[PDB]
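Labels below follow one simple rule: chain letters A, B, ... track the order of the sequence lines, proteins then strands, and each chain is numbered from 1. All heavy atoms count here, side chains included; hydrogens, waters and symmetry mates do not. Atoms within each ligand, like the ligands themselves, are counted from 1 in listed order.
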Protein chains: 2
Amino acid sequence: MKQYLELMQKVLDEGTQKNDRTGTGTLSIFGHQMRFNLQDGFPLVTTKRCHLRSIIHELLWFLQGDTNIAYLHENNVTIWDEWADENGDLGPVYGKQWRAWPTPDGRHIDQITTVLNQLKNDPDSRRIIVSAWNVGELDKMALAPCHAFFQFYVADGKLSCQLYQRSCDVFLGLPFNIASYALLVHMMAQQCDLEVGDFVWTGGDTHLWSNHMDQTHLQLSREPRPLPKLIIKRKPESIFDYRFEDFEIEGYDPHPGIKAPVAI
Amino acid sequence: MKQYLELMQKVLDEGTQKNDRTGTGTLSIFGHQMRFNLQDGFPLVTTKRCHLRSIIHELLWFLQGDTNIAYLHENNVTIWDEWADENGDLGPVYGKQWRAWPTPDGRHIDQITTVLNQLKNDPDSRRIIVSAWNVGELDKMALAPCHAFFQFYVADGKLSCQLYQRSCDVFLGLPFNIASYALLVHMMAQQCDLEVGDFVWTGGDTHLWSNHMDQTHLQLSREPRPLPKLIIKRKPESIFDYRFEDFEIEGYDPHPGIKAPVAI
Ligand SMILES: C#CCN(Cc1ccc2[nH]c(N)nc(=O)c2c1)c1ccc(C(=O)N[C@@H](CCC(=O)O)C(=O)O)cc1
Ligand SMILES: C#CCN(Cc1ccc2[nH]c(N)nc(=O)c2c1)c1ccc(C(=O)N[C@@H](CCC(=O)O)C(=O)O)cc1
Ligand SMILES: *[C@H]1CC(=O)NC(=O)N1[C@H]1C[C@H](O)[C@@H](COP(=O)(O)O)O1
Ligand SMILES: *[C@H]1CC(=O)NC(=O)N1[C@H]1C[C@H](O)[C@@H](COP(=O)(O)O)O1
């Protein structure tokens, strides 16, 4: 997509070389923002083939509050394998914080239900927020949250969302993150009888892994194709009741896939 | 400042009317980003005189972990009066979360100490973060955190910081928030033997209050002036040992102060 390729080129043009926790090395910038008007089309990268199946299942898994990879395996999704323990557990990562953030007094907060209720009853609230950044549980998580904090907004009958992504693997992770949040906006908008607005992506440490450079330049040589279109085929009774088969992506005509290794 | 006035004008031009929490009404946009290179000058708004006394004492108060306004009153700072209870308390707002975030099991994390130690021992970390958005304590706070989540970054010997501000009163609040975080970057950089980099400001619901419009038109009629220079006059033993007298803003030549009412 235009915005995505422009980000790649900005990292290449302006980034600094850094060492990192994995020992692989990155090229990084700090601070970026871009916007996807979801009425223009569904923002799934077209300059390489992306695996929408994994994106949808991962989101459904988050929304169930699950943090064990068994469900992903039942559906042949392997994107979290490298970080799970011997029992498949990731610790209290995204799904757990989204559905059951633990408080100091023994309560658990379902942030997804909270935001749906805010959108329905108080859409001009400036507090329609989900955070995965639970400081007190970071040490139990297999990986610290990358997509850390997000906020919803409503104007002119349209639902928007802004994500703060504190760490972004531009080549491998970002196409998944953008599509995931775009899907979530569509689902939330459906549940709240709203149209779709913008997905605003904001990055912190926004980087290209040193061993993704040939792949990145190959992708940059390609012209984006028209965005595909997302069709939802049912309105479930709640945001937690979607199924994989409720979604169809139409008109997705990507350039060939480009393989790259994930840094563990 | 150029970017600040551009944002003001953008809210006027593109903002939509909202009925908010208080019934006063705003013009609002969603999703914006600005960048201030701190080596270009200290980013204190020059198109009106800003009250540096309040900005500095508020930050020192946060760093003490204090959430009672008595310290502010001792120093003739009244910016938090409208939300404090009869004993001067605001609940577990910024200072408490910064210095003593409570874990579900009765422990605490001092996020500021953690950050200092990350900057000194692991400066390439992608996880140098402070969050005030303690979901499990929001209901105890007098006001939900506005400046909610911030991240540090080190490159080429320079310290940068990005703030996610979920709600932004462009006229009254934003000049304070920018100056506050800029000051914090200078203090942290001093304590860690770094130079200053960028302050990146990212906004969510970014608005002008309906009763700030005359003030906004006045300010937009003024041309910005060169930025002042921050001087720190002694280096304390730690980030927790600064005092008001340690700071001097040199070459601050603002247009006159502009008065406007705060929405409670
Ligand atoms: C974001 C996010 C979710 N996640 C979770 C996740 C966990 C740790 C990470 N670690 C690093 N260094 N980068 C990542 O982006 C990353 C992402 C993903 C993980 C891997 C792939 C990936 O390897 N994709 C390959 C192969 C996909 C497939 O299985 O067919 C690709 O070619 O796209 C995608 C998403
Ligand atoms: C951000 C922030 C901190 N805060 C905390 C704070 C708390 C609640 C708020 N509520 C609303 N609606 N807007 C604010 O920006 C706001 C800010 C501030 C609060 C008030 C002023 C203020 O009234 N400033 C006046 C007068 C300053 C003075 O006392 O001399 C000004 O002219 O600047 C500034 C900062
Ligand atoms: C993490 C998971 C995600 O959803 N998106 C990403 O892009 N993610 C990337 C970001 C980093 O490259 C890596 C995480 O490592 P750190 O915790 O930042 O050291 O995964
Ligand atoms: C809040 C405090 C701050 O530091 N900056 C701000 O700009 N703040 C403004 C934002 C809103 O105008 C108001 C808070 O009200 P909501 O919680 O957003 O309804 O204060």
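PDB records give the name of the drug at ligand 2 as CB3717. The name the PDB entry gives to the main binding partner of CB3717 (ligand 2) in this structure is Thymidylate synthase. Lab note: other chains with heavy atoms under 4.0 Å from CB3717 (ligand 2) -> B. There is no protein heavy atom closer than 4.0 angstrom to atom 17 (C) of CB3717 (ligand 2). By the definition of a contact as any protein heavy atom under 4.0 Å away, atom 26 (C) of CB3717 (ligand 2) is not in contact.
Looking at B/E58 against CB3717 (ligand 2), only its side chain comes within 4.0 Å, counting heavy atoms. At least one heavy atom of B/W209 sits closer than 4.0 Å to an atom of CB3717 (ligand 2).
At a heavy-atom distance under 4.0 Å, no atom of B/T22 approaches CB3717 (ligand 2).
According to the PDB, the organism given as the origin of chain B is Escherichia coli.
Nearest protein heavy-atom contact of atom 4 (N) of CB3717 (ligand 2) is B/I79 CD1, 3.9 Å. Which parts of CB3717 (ligand 2) touch B/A263 is read off a 4.0 Å heavy-atom cut-off, strictly below it: atoms 10 (N), 11 (C), 12 (N). Residue contact check: B/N177 has heavy atoms under 4.0 Å from atoms 1 (C) of CB3717 (ligand 2).
For CB3717 (ligand 2), the polar-atom distance check finds no N/O of B/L172 at less than 3.5 Å from any of the ligand's N/O atoms.
By the criterion of a heavy-atom distance under 4.0 Å, the side chain of B/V262, and not its backbone, is placed next to CB3717 (ligand 2).
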